[PDB]
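To start, the structure itself, in structure tokens.
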Amino acid sequence: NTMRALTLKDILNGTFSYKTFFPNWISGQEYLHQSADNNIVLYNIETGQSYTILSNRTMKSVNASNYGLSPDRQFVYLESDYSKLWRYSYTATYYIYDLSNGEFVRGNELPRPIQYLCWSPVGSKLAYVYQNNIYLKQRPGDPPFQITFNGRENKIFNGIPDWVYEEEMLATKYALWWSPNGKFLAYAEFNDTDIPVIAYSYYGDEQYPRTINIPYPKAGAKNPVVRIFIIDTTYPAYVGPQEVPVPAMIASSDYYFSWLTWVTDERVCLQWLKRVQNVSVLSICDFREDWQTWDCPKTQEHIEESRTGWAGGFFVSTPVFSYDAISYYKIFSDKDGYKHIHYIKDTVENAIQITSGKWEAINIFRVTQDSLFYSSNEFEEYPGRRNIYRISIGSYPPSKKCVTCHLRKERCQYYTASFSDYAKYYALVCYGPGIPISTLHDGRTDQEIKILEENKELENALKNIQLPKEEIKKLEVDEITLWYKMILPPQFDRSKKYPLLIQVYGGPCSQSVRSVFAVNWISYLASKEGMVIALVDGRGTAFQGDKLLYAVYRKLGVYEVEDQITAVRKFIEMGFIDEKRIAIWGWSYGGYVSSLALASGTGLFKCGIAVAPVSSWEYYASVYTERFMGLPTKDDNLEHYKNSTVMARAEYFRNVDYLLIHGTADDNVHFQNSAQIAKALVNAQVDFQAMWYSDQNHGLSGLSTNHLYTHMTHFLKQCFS
Amino acid sequence: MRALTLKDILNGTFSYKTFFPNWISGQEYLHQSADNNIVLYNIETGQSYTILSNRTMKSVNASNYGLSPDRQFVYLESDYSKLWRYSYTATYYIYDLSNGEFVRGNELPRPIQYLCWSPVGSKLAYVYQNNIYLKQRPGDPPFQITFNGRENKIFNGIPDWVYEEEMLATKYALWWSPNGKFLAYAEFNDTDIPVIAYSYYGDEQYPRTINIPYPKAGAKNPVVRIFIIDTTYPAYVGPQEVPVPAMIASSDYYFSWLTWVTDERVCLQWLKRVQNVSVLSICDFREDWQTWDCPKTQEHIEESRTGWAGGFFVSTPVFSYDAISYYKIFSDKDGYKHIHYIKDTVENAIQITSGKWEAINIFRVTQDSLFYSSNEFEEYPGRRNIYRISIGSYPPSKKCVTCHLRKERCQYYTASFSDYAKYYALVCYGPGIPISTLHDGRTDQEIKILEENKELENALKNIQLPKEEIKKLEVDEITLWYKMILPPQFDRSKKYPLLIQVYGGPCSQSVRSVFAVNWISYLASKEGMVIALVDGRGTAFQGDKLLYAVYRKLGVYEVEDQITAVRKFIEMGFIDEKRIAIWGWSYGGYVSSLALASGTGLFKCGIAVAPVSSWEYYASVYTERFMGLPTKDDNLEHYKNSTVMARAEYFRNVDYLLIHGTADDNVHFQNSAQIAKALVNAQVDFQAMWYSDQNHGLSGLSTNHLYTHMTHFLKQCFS
Ligand SMILES: *[C@@H]1O[C@H](CO)[C@@H](O[C@@H]2O[C@H](CO)[C@@H](O[C@@H]3O[C@H](CO)[C@@H](O)[C@H](O)[C@@H]3O)[C@H](O)[C@H]2NC(C)=O)[C@H](O)[C@H]1NC(C)=O
Ligand SMILES: CC#CCn1c(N2CCC[C@@H](N)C2)nc2c1c(=O)n(Cc1nc(C)c3ccccc3n1)c(=O)n2C
Ligand SMILES: CC#CCn1c(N2CCC[C@@H](N)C2)nc2c1c(=O)n(Cc1nc(C)c3ccccc3n1)c(=O)n2C
Ligand SMILES: *[C@@H]1O[C@H](CO)[C@@H](O[C@@H]2O[C@H](CO)[C@@H](O)[C@H](O)[C@H]2NC(C)=O)[C@H](O)[C@H]1NC(C)=O
Ligand SMILES: *[C@@H]1O[C@H](CO)[C@@H](O[C@@H]2O[C@H](CO)[C@@H](O)[C@H](O)[C@H]2NC(C)=O)[C@H](O)[C@H]1NC(C)=O
Ligand SMILES: *[C@@H]1O[C@H](CO)[C@@H](O[C@@H]2O[C@H](CO)[C@@H](O)[C@H](O)[C@H]2NC(C)=O)[C@H](O)[C@H]1NC(C)=O
Ligand SMILES: *[C@@H]1O[C@H](CO)[C@@H](O)[C@H](O)[C@H]1NC(C)=O
Ligand SMILES: *[C@@H]1O[C@H](CO)[C@@H](O)[C@H](O)[C@H]1NC(C)=O
Ligand SMILES: *[C@@H]1O[C@H](CO)[C@@H](O)[C@H](O)[C@H]1NC(C)=O
Ligand SMILES: *[C@@H]1O[C@H](CO)[C@@H](O)[C@H](O)[C@H]1NC(C)=O
């Protein structure tokens, strides 16, 4: 064979895709996995042997795409008829299979379509959502008991989140949680009745288009109301569902429900977040026997507030409880402003700092009897790497071990972990910089037992490909460090002038300079079209302390734009960039940033591309916008909501080539955002190129993705030649 | 001295003025002068006086006026709020001219959808919240005629969306009798019609949905009931329904138009939903029952075995002074639309005009004369000349008033007649600079020049305008008339890039002797391009064989005829076969898209502005007229085969530019949304542009942006 450059076709077909192995743990030494001919194999690590538990002929009999083994292993649910709704939500038909009998569960059949379904943590209890209502099945073939009755489509939601909670708050399709032993079922009740709706046309394949209404609260609009209830699953008819008391300081004004964490069958932990998202409350509630309800004392309310910015990051960090079920470990900012692990027993005041330094603790994976596992930046001071650490708890001389630092140093510096029951064994998934690799380790010695997915097919395929060189370096301008990823063309010469493309996102709590392997569009642009690509992380980006993160608080569309400009000026003075041929592209938040950078009036960028951009913070969800911007009122931050729009910079797009793209059925960043930019450019008498994608979601999935990346390539090749 | 610039076209620098007198009597007319005073001019005693001052108009921000026939009052129209093509809502103020003060009292409500005076006296008729009200005297409390008017459902006195656009082409649906004794009105019911919903972004946090009851091809149609009310005693017997003919009511139907003959005689025109047959029913008033009798003996059928009834509309009759007979334009034995004279029956109709040319419109039927416009002169179908023929005199007369009035300059006319045709005005639209003159209605002599356009004549002195030529091609027994616009200092030895401007819809004509300084004049004047406009099968005024050729076969012959013409223009030697383009709007957007995806390799690039993509998405009134019903028993097969989306894979080696306004109520954005979706599925690249919150015509700074964007696309395509 002969070495060849990447093609656009290779990227669109996903020829250089990688496989990942996350074991579906069922016990401390057992896990499930789908085989090549679609069977379900049960691998036991201690015994070393595997067996088929659910055959391909049983899955094909009902056109099943997914499965779910019950904890007691008596039954397995068969998921078929997947019908996607929003980012996480989907509807499906569920078939219970009796493994012990060798036949499907016939009788009090499950309805269709089911919005969410799950087993209890022990036994064969079932909980499901149908027509925004929760139902309970003690045994698979038993008639269901209806828990909720007010569920109405697009108005009252039970057991599943509404649009805004699914997207910006919970980031999941469910809103119900079983207690550790299935004694209680906790759930949430969302009321979207008075929220204004977003309406958009869906053309489809019928003579007339249909309107799609979604209750969506834009910045400052009426928000949904939430009521968390806990019902006794053993005797639901006795006292019924009990509402969980909301803390006095949370209920004083509008509030959000952050997350629910079960501690024991008689103790649950709820997190609340005031509408002004700079103060969160961790309330611990205990079950009482004299009232059959949940008592929430003032003594068990732990406040976490941020005087500089917002509480947490994308979410308010969840606590990981100790074996004693009274104390917990949580990640939050220290005195210096770095998000580190703390240990809280009684009160927040007496919290003990577990990790410290000019780096951040990202996630706590497991809190065992003697070990604590977590991921961090620490290794070699690179904020874009992720490594797994293991620290001792309770032992007199403490231990601290980096499991993955030197596991495969050159190839692997971005890991994630998946723990078996009680951390007896665990799996590490390496995502880059090299070819991703999934391995399985002993939970006591950290030793690698076997390679789950090595990716030898992708390694051989890439042999004859001229992949670009990726470099993660930093710039130090005016006490502000800018980390950047530069993608260089094959056979790169520091004496030549290369056209430059900037890929931007820059949204608060984000990070785009990571040691992650990816064979994407910008890899093709550097491999075949000889372009230099750059990704810069400035103010507002996460994992480098709160001074960097909270710098964009109430000032969106200002520093993230300036930092891309500062970086381009620095890349130009390196000598290998053609100052005449520079471009910037982005999607969503990156579409807002590239539009503002292109209309900055600096003359650095020749052309720019904005895909589904945000044009004004008055058009985005209250949950995201108000977290980083505040209220759009005269008494608060209305002034900056008006000054931070793309439409106010319309006259500045006169000598630059602008390409504006947006999907007509975008439920997340509505088409209204691009419709307003286009209207402002028309009024300003400014020429630009545009593209719409009919009936397409925010991500433009399908043949639209092909068309988009082809259309953008044509625009860049014209701009650069 | 200098070439035209895009800015000159966008600003309307080379615009022309037109003078249509607002007749009030047989020798008088009103006109809003330079200082915005309403002046009255008398032709006989050549005197003028200001009847409504600029101070009176400015006091209520008035943009329009309406003098009552008795001249006691004048309505002052202000707060104009456009709705659809013709409809608008405004505030009206009655001014008492005799007293010198505004009419105080039972004030008119706001906003009023339509308002008009009776043909005599001070009677008022107006539509408010889809209901008709009557004011005997301006300061009197109104008498409510209708009560069922509900927004977007029941319409009274005004048409619904589809009747306003495709059927009446007017903002009103009420007609006063010749002396104001009776008021006739329409009642439209859109209750079960499916609606078209589209987002209107506006300037608020959330966009709003706009719903319009719009019947697409084959969908449920609005129902119509016509009534007549005695305006002297409307409480006595009330509104009486006009009997619908037995053969019209048998299935779905349309009300075509209403024509008052005398106070006690009215003429109604009906159209069957299968638009190949129309009925002219004459109804008389009966004292005995105070109702309208419509006999079978007074039903005149007009059917078309080859195609549809009429042109864009079913021609209206013009009655004689005897009020029993009438003159109507329709096809003869040979297939040419000529004037006929009907006394008793359609069978015994007498053909008034004949030949291989068409009579376009009947302007006025007087006691001894008949005025009409036609093609006849020098056999040019794109010309309009006004003729006068005698009626009643033993040896008949026939003269062409306009033919040699100004032969080189003027060959496209229109006429505005004063009360009883005592005087009339001729408006020349081209080929030369438009001119409006005033003629004596008895001798046809020119009395004065109303608007000569000397400002535009002087402005164009230093402008080297392109040469326009109207010629014809004769291929396979089919004559194609074309207008070619040549660059200044055109050389027949050089190769020039070619742009085709297309419309090609049924009943249309784009090769006319009309003066215009438009976008394509700039493209030829500054960008050295040859421009062409071809009229093939489906275009009107050349007989029914040409017109009905596209019957039930839309998107086929009009496309082929543009291709046949380009092949002929190429073999002329001065066209660069490598640089050819085609642009069109609306129907022209459908034709240019199909021509670009024909697979002939003639066109390099094409532009489609607000195109129709499938006949499933367009108005039933227009679509089922030339294509029939989209059912298995009728023409569903061709409805499916005549789509732009079915030709998606053919746009692969051509440059396509697709433009469409998001708030287009006429040709919905759905049409372009479907084309874009098909091109994505076919993996075909194209350039696109949307216009937020803009109507079908993209009026305002959106026009500026569109014409600029299209110029860039063509400049790039022709380099
Ligand atoms: C846009 O087009 C309009 C015409 O539709 C232009 O308005 C006209 O501009 C010309 C030249 O500036 C004016 O002509 C001069 O008028 C004076 C009397 O006012 C006369 O003494 C001169 O001999 C000459 O004819 C004209 O008055 C003016 N207005 C009208 C009603 O025609 C306008 O200027 C164009 N815009 C641009 C930017 O060119
Ligand atoms: C508007 C907005 C917004 C903010 N936002 C969020 N949040 C948190 C989660 C909830 C969400 N509502 C808001 N997640 C995001 C982004 C974002 O702009 N981009 C850029 C981006 N996005 C996409 C889709 C891209 C696709 C291709 C290339 C680069 C891309 N870059 C992202 O990638 N992700 C994952
Ligand atoms: C779909 C469709 C359609 C049919 N249509 C109608 N009818 C009768 C009245 C009722 C209506 N529903 C249907 N009037 C039309 C057209 C049409 O295609 N074009 C072409 C055109 N249109 C526009 C707007 C143009 C603008 C610029 C240049 C060329 C243009 N060429 C016209 O000019 N006019 C005046
Ligand atoms: C699209 O990409 C897939 C891989 O994602 C290609 O399929 C592979 O083809 C090679 C050919 O040697 C096989 O050995 C692999 O086993 C295939 N992998 C999978 C996952 O099927 C496919 O060929 C690509 N499409 C095209 C047209 O090249
Ligand atoms: C307007 O049209 C609607 C629908 O065609 C009429 O309503 C129907 O009238 C019939 C007869 O009175 C009833 O039996 C139906 O149940 C009605 N259907 C609906 C959908 O309402 C309505 O009466 C008409 N109104 C006028 C004033 O003509
Ligand atoms: C008017 O047009 C209609 C079209 O629907 C003609 O009706 C057809 O007549 C035949 C007679 O055998 C029927 O079988 C069909 O169902 C009808 N439609 C078609 C096109 O198949 C009607 O005859 C025409 N009338 C006139 C006077 O020309
Ligand atoms: C939901 O909210 C509406 C409107 O605010 C209110 O009327 C109703 O009581 C609520 N319903 C439930 C079940 O919470
Ligand atoms: C939280 O935000 C509000 C509004 O900006 C501010 O007034 C308040 O003091 C902040 N609270 C803390 C603890 O920072
Ligand atoms: C508005 O925003 C611009 C940046 O887009 C900034 O330069 C200006 O100072 C802001 N403030 C006001 C009051 O305009
Ligand atoms: C109003 O008309 C008078 C008389 O023609 C004139 O003098 C005056 O200038 C006009 N005012 C305006 C505003 O045109």
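Chain letters correspond, in order, to the sequence lines: A, then B, then on. Numbering of chain A is taken from the PDB entry, so the residues present carry the numbers 37-757, in order. Following the PDB entry, chain B shows residues 39-757, kept in their order. Determination method: X-ray crystallography, 2.9 Å. When a ligand or atom number is given, it counts from 1 through the structure's own listing order.
Of the chains near ligand 2, the one making the most contacts is recorded in UniProt as Antiplasmin-cleaving enzyme FAP, soluble form.
Comparing pemafibrate, linagliptin, tafenoquine, the one located at ligand 2 is linagliptin.
Other chains near linagliptin (ligand 2) (heavy atoms under 4.0 Å), by letter: A. In chain A, linagliptin (ligand 2) lies within 4.0 Å of these UniProt substrate-binding residues, judged by heavy atoms: A:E203, A:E204. Checking the UniProt active-site residues of chain A against linagliptin (ligand 2), the nearest by heavy atoms (to 1 Å) is A:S624, 3 Å.
Heavy atoms within 4.0 Å of linagliptin (ligand 2) belong to A:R123, A:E203, A:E204, A:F350, A:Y541, A:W621, A:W623, A:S624, A:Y625, A:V650, A:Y656, A:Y660, A:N704, A:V705, A:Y745.
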